[PDB]
Amino acid sequence: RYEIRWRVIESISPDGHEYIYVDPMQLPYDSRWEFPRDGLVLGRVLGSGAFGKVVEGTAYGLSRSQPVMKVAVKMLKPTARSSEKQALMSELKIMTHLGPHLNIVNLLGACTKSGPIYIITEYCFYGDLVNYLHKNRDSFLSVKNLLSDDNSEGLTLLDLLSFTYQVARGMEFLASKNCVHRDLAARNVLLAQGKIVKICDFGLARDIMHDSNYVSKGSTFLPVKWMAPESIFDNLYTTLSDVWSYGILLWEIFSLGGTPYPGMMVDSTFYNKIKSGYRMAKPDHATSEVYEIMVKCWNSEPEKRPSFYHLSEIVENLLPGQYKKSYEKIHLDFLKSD
Ligand SMILES: CC1(COc2ccc3c(c2)ncn3-c2ccc3cccc(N4CCC(N)CC4)c3n2)COC1
Ligand SMILES: [Cl-]
Ligand SMILES: [Cl-]
Ligand SMILES: [Cl-]
Ligand SMILES: [Cl-]
Ligand SMILES: [Cl-]
Ligand SMILES: [Cl-]
Ligand SMILES: [Cl-]
């Protein structure tokens, strides 16, 4: 019945107390985005939620670079409320505002006139990261070119470092735009062709009510296992809090899809342990260096945590130099599209 909104920060008071977030309705939609309905063909349903669904699709003429293009389409169910339509429009405005990045699922086009609203997004071949890791759990054994391509081989530490680097980059981009994700987790990361990490959100395509990851508090659902202490207790959300989420996410990556705080249910006892300063032990496939990154992200003092930009730098040093070169070419190819 809900989704967690990405918040973009318009301004912060000199004291550091009053935060003003942009109002999506206030922002302006760009008509250039509009794509003719006839030019879009809808396929199989990628996901289904009580109020919405994601569908496979092909867009014709949408892109000069890819005249026939595989894509994913976001649409509301008839069940969706009048207010919810607003949410889709809001998503369009915010996404246009942020602009495009290689590491986030991107908005390609939208159909908003004389029809059910349709959001066109990049199509990711591998699906969500959690499922992908589980699928490749077995056959995983502890060159750089192979990593940034579709060649299939047993999953490697190198692959994990790549996913680790891409999420940092995607997050760095979001932070630069003063955008706070508030629900960063492997479930919200999808993998595209070429093993390119794309960051997304839980959405209306799947049911938050039916997901164990979220605890419902008040009128909202919270991914407590991924929340920074300030968020849980002080209800404060920032780029720094996201960093905490990034560390939890890394734990998910190095445990091959493992649930954080395994064997621990979220309860009063869990909250107390976090206040105590309790942190997760090293994951099985995590190197000492990677675990160190997770621990830094989990610092009690948010200002103490590393910036996403710093994290990208740290991860890069743990990757062969050719990986960085490959990322750069892919980044440039991505910005050259169309
Ligand atoms: C043929 C396969 C194809 O799978 C897929 C799945 C989702 C795919 C996809 C290919 N391209 C894109 N998206 C998207 C895109 C935006 C999303 C925005 C919010 C939420 C999403 N999701 C992610 C998947 C989840 N099961 C439902 C909600 C989104 N998904 C099966 O994996 C390969
Ligand atoms: Cl959003
Ligand atoms: Cl096909
Ligand atoms: Cl583990
Ligand atoms: Cl080690
Ligand atoms: Cl820093
Ligand atoms: Cl940051
Ligand atoms: Cl960088």
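Residue numbering for chain A follows the PDB entry; the residues present correspond to positions 554-695, 778-973, in that order. Order of listing sets the numbers, starting from 1, for every ligand and every atom in it.
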message: Help me out - what's the drug at ligand 1 named?
response: crenolanib
task: State which chain has the largest number of heavy-atom pairs within 4.5 Å of crenolanib (ligand 1), named as in UniProt.
output: Platelet-derived growth factor receptor alpha
- prompt: Measuring from crenolanib (ligand 1), which other ligands or ions can be reached in less than 4.0 Å?
  reply: none
task: Write down the UniProt domain of chain A that holds the majority of residues in contact with crenolanib (ligand 1).
output: Protein kinase
- request: Could you pull out, from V624, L825, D836, the option with a heavy atom nearest to atom 14 (C) of crenolanib (ligand 1)?
  value: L825
field: For crenolanib (ligand 1), the portion of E609 having any non-hydrogen atom under 4.0 Å away
entry: neither
Numbered atoms of crenolanib (ligand 1) (with element) below 4.0 Å of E675, judged on heavy atoms: 12 (C)
message: With a cutoff of 4.0 Å, is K833 in contact with crenolanib (ligand 1), counting heavy atoms of the residue only?
response: no
query: Checking heavy atoms only, which UniProt-annotated ATP-binding residues of chain A fall inside 4.0 Å of crenolanib (ligand 1)?
result: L599, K627
Atom indices of crenolanib (ligand 1) within 4.0 angstrom of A840 heavy atoms, with elements: 28 (C)
field: chain A: UniProt active-site residue nearest crenolanib (ligand 1) and heavy-atom distance
entry: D818, 10 Å
- prompt: Between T674, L839, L682, which one has a non-hydrogen atom sitting closest to atom 15 (C) of crenolanib (ligand 1)?
  reply: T674
Any N or O of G838 closer than 3.5 Å to N or O of crenolanib (ligand 1): no
Subset of crenolanib (ligand 1) atoms that lie under 4.0 Å from at least one heavy atom of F678: 2 (C), 32 (O), 33 (C)
task: Please work out whether any backbone atom (N, CA, C, O) or any side-chain heavy atom from C-beta onward of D681 is under 4.0 Å from crenolanib (ligand 1), and answer side chain, backbone, both or neither.
output: neither
field: Residues lining crenolanib (ligand 1), heavy atoms within 4.0 Å
entry: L599, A625, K627, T674, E675, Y676, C677, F678, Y679, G680, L825, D836, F837, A840, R841
